[PDB]
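The model below depicts cereblon isoform 4 holding S-thalidomide.
Nothing fancy with the numbering, it's 1 onward along the sequence. Scope of the values below: all heavy atoms of this structure, side chains included, with no hydrogens, waters or symmetry mates. Method of determination (from the header): X-ray crystallography, 1.8 Å. Whatever order the structure lists them in is the order used to number ligands and atoms, beginning at 1.
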Amino acid sequence: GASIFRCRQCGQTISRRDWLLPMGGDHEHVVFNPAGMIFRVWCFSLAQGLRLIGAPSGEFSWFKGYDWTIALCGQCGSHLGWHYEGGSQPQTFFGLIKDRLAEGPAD
Ligand SMILES: O=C1CC[C@H](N2C(=O)c3ccccc3C2=O)C(=O)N1
Ligand SMILES: [Zn+2]
């Protein structure tokens, strides 16, 4: 019942529990943006069904050495999180907003 993560707003398949990545020791990171919004961000090595938009940027990055791009649900356009790139071990990963995903079984 806990294996697949889907978009909460439309059901698009996004990631899997098996693809969780413990960045800095924890797959979960609680962070704030410049607009004062708090997010519980889950780190994943891999995700699918997103649409990555905009130019990568280092500004305000919560993960040192990475640049981010906005990750939208590719089906509904809900903002699900960010794609990180340009770093090391790993080079890239996804930080997705936990409350914007629904977790459940494969069937
Ligand atoms: O690592 C990240 C991802 C992007 C995220 N972020 C936002 O959520 C945001 C909203 C408004 C203006 C600027 C930002 C920005 O850098 C942020 O603050 N850090
Ligand atoms: Zn969606």
Next item on the list: Name each chain or ligand corresponding to S-thalidomide, including duplicates.
Entry: ligand 1
Check: Does the N or O separation between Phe60 and S-thalidomide (ligand 1) drop below 3.5 Å for any pair?
Finding: yes
Check: Taking only heavy atoms of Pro34, which atoms of S-thalidomide (ligand 1) are found under 4.0 Å from at least one of them?
Finding: 9 (C), 13 (C), 14 (C), 15 (C), 18 (O)
Check: To which protein heavy atom is atom 16 (O) of S-thalidomide (ligand 1) closest, and what is the distance rounded to 0.1 Å?
Finding: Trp68 CZ2, 3.2 Å
Check: Counting both backbone and side chain atoms, is some N or O of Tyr84 under 3.5 Å from an N or O of S-thalidomide (ligand 1)?
Finding: yes
Check: Which of the atoms of S-thalidomide (ligand 1) are close to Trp82, meaning less than 4.0 Å from one of its heavy atoms?
Finding: 3 (C), 4 (C), 8 (O)
Notebook entry, point to check: For atom 4 (C) of S-thalidomide (ligand 1), is some protein heavy-atom partner under 4.0 Å away?
Noted result: yes
Check: Which of these, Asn33, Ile70, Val31, has its nearest heavy atom closest to atom 6 (N) of S-thalidomide (ligand 1)?
Finding: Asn33
Margin query: Any idea what organism the entry names for chain A?
Written below: Magnetospirillum gryphiswaldense
Next item on the list: Could you tell me the residue and atom name of the protein heavy atom closest to atom 17 (C) of S-thalidomide (ligand 1), and the distance to it rounded to 0.1 Å?
Entry: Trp62 CZ2, 3.4 Å
Next item on the list: Define the binding site of S-thalidomide (ligand 1) with a non-hydrogen cut-off of 4.0 Å.
Entry: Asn33, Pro34, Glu59, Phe60, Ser61, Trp62, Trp68, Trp82, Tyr84
What are the distances between nitrogen or oxygen atoms of S-thalidomide (ligand 1) and protein nitrogen or oxygen atoms, counting only those under 3.5 Å?
from: S-thalidomide (ligand 1); atom 1: 1 (O); to: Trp62; atom 2: N; distance (Å): 3.0
from: S-thalidomide (ligand 1); atom 1: 1 (O); to: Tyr84; atom 2: OH; distance (Å): 2.8
from: S-thalidomide (ligand 1); atom 1: 8 (O); to: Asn33; atom 2: ND2; distance (Å): 2.9
from: S-thalidomide (ligand 1); atom 1: 19 (N); to: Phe60; atom 2: O; distance (Å): 2.8

